[PDB]
Asks: 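Hi! I'm looking at a structure that contains nanvuranlat and have some questions.
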Amino acid sequence: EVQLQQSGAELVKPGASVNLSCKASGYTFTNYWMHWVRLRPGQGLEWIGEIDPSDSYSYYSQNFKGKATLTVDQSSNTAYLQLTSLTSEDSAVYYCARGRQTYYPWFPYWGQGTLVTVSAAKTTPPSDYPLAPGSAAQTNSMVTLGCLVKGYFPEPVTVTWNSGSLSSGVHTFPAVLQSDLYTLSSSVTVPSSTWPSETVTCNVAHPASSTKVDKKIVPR
Amino acid sequence: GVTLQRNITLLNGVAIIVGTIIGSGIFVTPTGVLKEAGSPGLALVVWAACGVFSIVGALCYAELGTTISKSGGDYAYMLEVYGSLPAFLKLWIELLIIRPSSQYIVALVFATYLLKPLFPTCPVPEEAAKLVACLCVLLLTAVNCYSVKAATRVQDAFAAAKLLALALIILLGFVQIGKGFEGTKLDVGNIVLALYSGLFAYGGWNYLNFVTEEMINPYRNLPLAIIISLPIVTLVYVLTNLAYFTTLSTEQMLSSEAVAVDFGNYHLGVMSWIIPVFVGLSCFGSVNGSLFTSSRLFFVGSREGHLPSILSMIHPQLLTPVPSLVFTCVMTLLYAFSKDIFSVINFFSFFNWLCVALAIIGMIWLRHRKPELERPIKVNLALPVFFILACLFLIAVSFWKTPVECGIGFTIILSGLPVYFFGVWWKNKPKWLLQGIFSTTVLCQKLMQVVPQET
Amino acid sequence: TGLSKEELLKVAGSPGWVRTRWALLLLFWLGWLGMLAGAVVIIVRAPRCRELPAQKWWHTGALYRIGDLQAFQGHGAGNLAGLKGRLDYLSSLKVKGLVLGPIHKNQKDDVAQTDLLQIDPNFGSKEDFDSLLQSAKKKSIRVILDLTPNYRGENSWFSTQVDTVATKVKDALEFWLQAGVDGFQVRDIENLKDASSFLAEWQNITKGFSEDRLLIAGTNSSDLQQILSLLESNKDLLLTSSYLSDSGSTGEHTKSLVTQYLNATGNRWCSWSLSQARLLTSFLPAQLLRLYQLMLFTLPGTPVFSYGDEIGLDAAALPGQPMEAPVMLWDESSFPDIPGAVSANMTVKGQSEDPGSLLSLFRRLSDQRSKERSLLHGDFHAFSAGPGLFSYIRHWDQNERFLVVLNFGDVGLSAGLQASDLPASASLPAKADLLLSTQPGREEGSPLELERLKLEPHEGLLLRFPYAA
Amino acid sequence: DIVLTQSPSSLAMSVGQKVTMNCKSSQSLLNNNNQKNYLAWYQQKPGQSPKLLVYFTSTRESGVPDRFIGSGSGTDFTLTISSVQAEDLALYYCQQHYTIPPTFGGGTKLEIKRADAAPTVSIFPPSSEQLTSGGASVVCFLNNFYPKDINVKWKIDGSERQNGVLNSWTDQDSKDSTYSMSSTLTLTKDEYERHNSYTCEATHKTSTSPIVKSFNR
Ligand SMILES: Nc1cc(COc2c(Cl)cc(C[C@H](N)C(=O)O)cc2Cl)c2oc(-c3ccccc3)nc2c1
Ligand SMILES: *[C@@H]1O[C@H](CO)[C@@H](O)[C@H](O)[C@H]1NC(C)=O
Ligand SMILES: *[C@@H]1O[C@H](CO)[C@@H](O)[C@H](O)[C@H]1NC(C)=O
Ligand SMILES: *[C@@H]1O[C@H](CO)[C@@H](O)[C@H](O)[C@H]1NC(C)=O
Ligand SMILES: *[C@@H]1O[C@H](CO)[C@@H](O)[C@H](O)[C@H]1NC(C)=O
């Protein structure tokens, strides 16, 4: 195993700094340099810079020089990217990446991205509302169930059904942003034998305000 | 009553010429001739060659200054031939650029080399070097206000220091022989730049002419002070070059930025500092000779009406041209502001030789036009024509070395035309100028107690 | 005009103006004396120069070893009077030295038939040797002679009775100094028992003759500790070694091999070399030859090349010849045993013409290291300039400062230098003058923006910049 | 810096077929000294990190299926997939590694073509808990169709609704290559009270007539 991992989500009020953080595992941390890359939506990847854990030297693209600041902590295998003066157009996903050879830039191992949103609008935990078919529900052999997620913030909310057990036949629709709050919905389809007979829950989860909620889909 | 009296005896006339020829040049310029000659043999030949060329030129000025006894020297000889405007265009460049830059440059060489043994391995502090240049220029324009006998006793002293330093250099050279031609850049295009880079070290031989009018006996002593000096200089130069080649290898002279100091380090050890100090005191002599001579050029320029009348005035109890001196000092110190300086002189590489060529062309035309004018010296016409022909070639070489910079110089010469038309052709007609000119003039006369000279 | 004589005198007389003239006299002299005190103040309250450390000839630039006079020349001409012909080349390389690989009468593995004093007559006569040596003095190339005893054999000190062999050397050094050589090379000191003691004796013999003679030891070793032990007791010994040889073969270790060794020795004098005998091209792959020549000429210490390093000679390129002694390629004739195998660009003649050639880089660097006070004996400060880069500044008290930037890794940089943590005395400028690059297509002489510079893979730069008070 | 143009920006292709990405660099990425070409291809599936496919133009990473073949030299480079699987829909980026900092292409969106299929349409009356809020949201799900183009009519007691309607499509499902879409209508409680019959009807190119679902509160 080699595995980098990162915090899920960060909200930044415009102009403030943020720390994005990346813990390595599965290798001798000082042997390999750590790179930070970014992905602006609809605009392609961009590389920030890299840091050497053996002496804290770091090298940065011309676009980030002085705007970024990498450091490192050898005691925990953690690398930290500080970013500063963040504007709305610096909202992005920030990825921590490891090289193959000692510093050369091609990236076999990436951490799952930290989604950085830059907005003055406040953190807002989600409101979850289950959906059940109502009239003529059991007249068909397969039945669909749903979970509206409304008025939440920031962007990353996750849905899994029955604690990830119903990983087959789930559709979760991308979020819609309205009046500076997000709306999303998730859906699953099960045998008509299952739904009235068994537990069904959308296990909605929100990294940026720590709320975890398991609404049961109960008939009308 | 009041005039510039005839103070300059023959040996002081030899001081004014040897003091301003020997310069800084021989102690730092050998490198320039080896760069274009390659070979100690070809080098030591072009040193002799531009020596005899310089003697031939000086013999034309030894003629001219007995035919025309005015102290305008190189300027007067143009005025008496080409008339008002050509003479002014010279005096403007001399006033604005050549004399104050020259005076400053050589003072800064005085400052740096006199300080150098406190700072052997590194730069002498620049804010100290510019003060010690300014203290020098200020002191010598004080001395040349106090008495021409003091001025010429100063240049006797420092002309002696210079030749003593070269004798010491030559002697150690022969001592090194007593203790027991090469690869030549034989292209004519190399040789000509060797010769043209060597002629700078003789530049100065015309300076006696600007003090013709203060010689005790000009018709004898002005040609004699030339012939008593330039052959002496030429000998001392070829012997001094010979001395360096006994001690510094060609590679070392091609790559040492103060040739005499390396020769000092090799021979004198703990006492090496003597040679830097002699290069310094050597340059002091050249500032004095230049300030002296230069004050007379502007004096004459004002007497002939080319230049504002205050500069003609003399101090009655000391008989020194105090407003011309004071002007010359101030115009020198105004070059102390400039972050670069040699460039402004390099713009006029051609100008010295051009004026010399025009003077001796003048001497040809003056022999055709007025054979009846008195001539205690009458040189065989071969020498003037040879010397002219040679200068017209060197003027072209001076351009061909850097065709941009001689163009910049030629552009600045035309700055003389605005000033000539405003200062001479316009007759200063507006009363708000004319009354202010007068008011300023009478203030200066009052302020330092000076009066016009009497014919 | 203005006032007449009489008119000016009568008005000037007024006590007010007489006092004004007296005031301004006094004022002027006061101002000049103020300036004199001021300039004396500046001269005293200003930083002094640092005394130049006394420099033996071997500080002043590169040595140059000739392990076999025959292989350097081609046969027949393979004698000392042949070498006397070549010194104009060497003088063009600006090599302040030579090392003639052993010329003494050695019979292979025979301790008794070998002598270190009589020369092996194949190479000429002592009358030739002196003729050379006097020419070399005349041309400013000091000459060292190599005294390693059994040089035609397997083990250079023989297997047996080593104290008799050391006794041969002890006598030899005296004779050859009296003959007028400037120093001695000895090799394979890992094959010498009690090595440190014999080096100490021979060093004492040499310095006891005169202060301007040296003993160059050499070892097959690449161990930092073994080398530091041979350099412990002997303090003005150059000791060439394999220590830089194990470079990682895309340079990657070198920033670290070099800065450990400087640190460990305490920045004494050193001799950089990739070996005691073999060519640079015995170790380096040929994209790094330029990059190493930039580095060997600009570290603190006396670099050392084997013959033909200056042209990137390689024993493998013309097959069959021994890796001990490859035939030097002067011109297209020089290896006639397989004619047509020599390309023009592989030869001295073929490089001498071409500003891009390896020998045009060697010649150029040799100049800088032998004239510029900063490379001649300045300090050295490494710093982290960039990912691959080994980068460092050479400097001396106020003279020109030289930043070297070697891109050892195979990936170009696209984002400038970006120096972390320079010494406060040695801070980088905003821009510096490119004095040369390892690569073509550069604006040599021009100032570069260090924050926006772009090195190619393997591009080294030599930047020159002026001092700051 | 170097710049990498990439094309086409979209590459819709059918399962089993061969496909080609082009990448085009503003300098050469052949290293003369070493005779290899510095480029890499990364696949980024929807909702995941980049995975490295090939580097130095051709060298497959371990754990990469051998249907990815990379090729080219100088400045014309191509990643090819010999026989596209349903699991391969992604954005693909080229990256140079001839200089650090590196730079990337704007990426090719691979899309899958399949036999067209009509949406499963379902409509969900407002959640009884939501009715506490003073608002209500009616939701219509359209599942497992192809191609992406679709439209929805909301009818409320027969009146057509065009204010306060929102839509979201999924990215195309890697198991079956179908799209799905959610449509949402948000009402005040009193706006949900005053009207009785709610209809979602969907027009998709597989049927002349719209598909319909509805409920009466
Ligand atoms: N037209 C013109 C005329 C003169 C006056 O004539 C010369 C004198 Cl007065 C002295 C020297 C140098 C002297 N021979 C020495 O040894 O330093 C050369 C010339 Cl051309 C100039 O001087 C200089 C000069 C003098 C000292 C340092 C640097 C430059 N530039 C000149 C340009
Ligand atoms: C070696 O030389 C040093 C002086 O450089 C001296 O102190 C020492 O006694 C000498 N030893 C021998 C044995 O010559
Ligand atoms: C160096 O010499 C030692 C001792 O003979 C030997 O063991 C070692 O292998 C040698 N190494 C090289 C690189 O010649
Ligand atoms: C080597 O360099 C380090 C740099 O921090 C220094 O602390 C150390 O004293 C030096 N010397 C040795 C022998 O490690
Ligand atoms: C020299 O020229 C040859 C022939 O064109 C070429 O193959 C080679 O790469 C060049 N370089 C060297 C060092 O041989």
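Alphabetical chain letters, starting from A, follow the order of the sequence lines given. We're sticking with the PDB entry numbering for chain A, so the shown stretch reads 1-220, in order. Here chain B follows the PDB entry, giving residues 43-222, 233-507 in order. Using the PDB entry numbers, chain C covers 162-630, in order. Per the PDB entry, chain D residues shown: 1-217, in order. Only heavy atoms go into these numbers, but all of them, side chains included; no hydrogens, no water, no symmetry mates. Atoms within each ligand, like the ligands themselves, are counted from 1 in listed order. Recorded method is electron microscopy, 3.8 Å.
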Asks: Enumerate the ligands or chains that make up nanvuranlat.
Replies: ligand 1
Asks: Which bound partner of nanvuranlat is the main one by contact count, according to UniProt?
Replies: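 Chief contact partner: Large neutral amino acids transporter small subunit 1.
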Asks: Find the other chains whose heavy atoms come closer than 4.0 Å to nanvuranlat.
Replies: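 Going by non-hydrogen atoms, B.
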Asks: List the transmembrane segments of chain B, numbered from the N terminus as in UniProt, that have a heavy atom under 4.0 Å from nanvuranlat.
Replies: 1, 3, 6, 10
Asks: Looking at this entry, which organism is chain B from?
Replies: Homo sapiens
Asks: What is the residue-and-atom partner of nanvuranlat in a covalent bond, if the model has one?
Replies: none
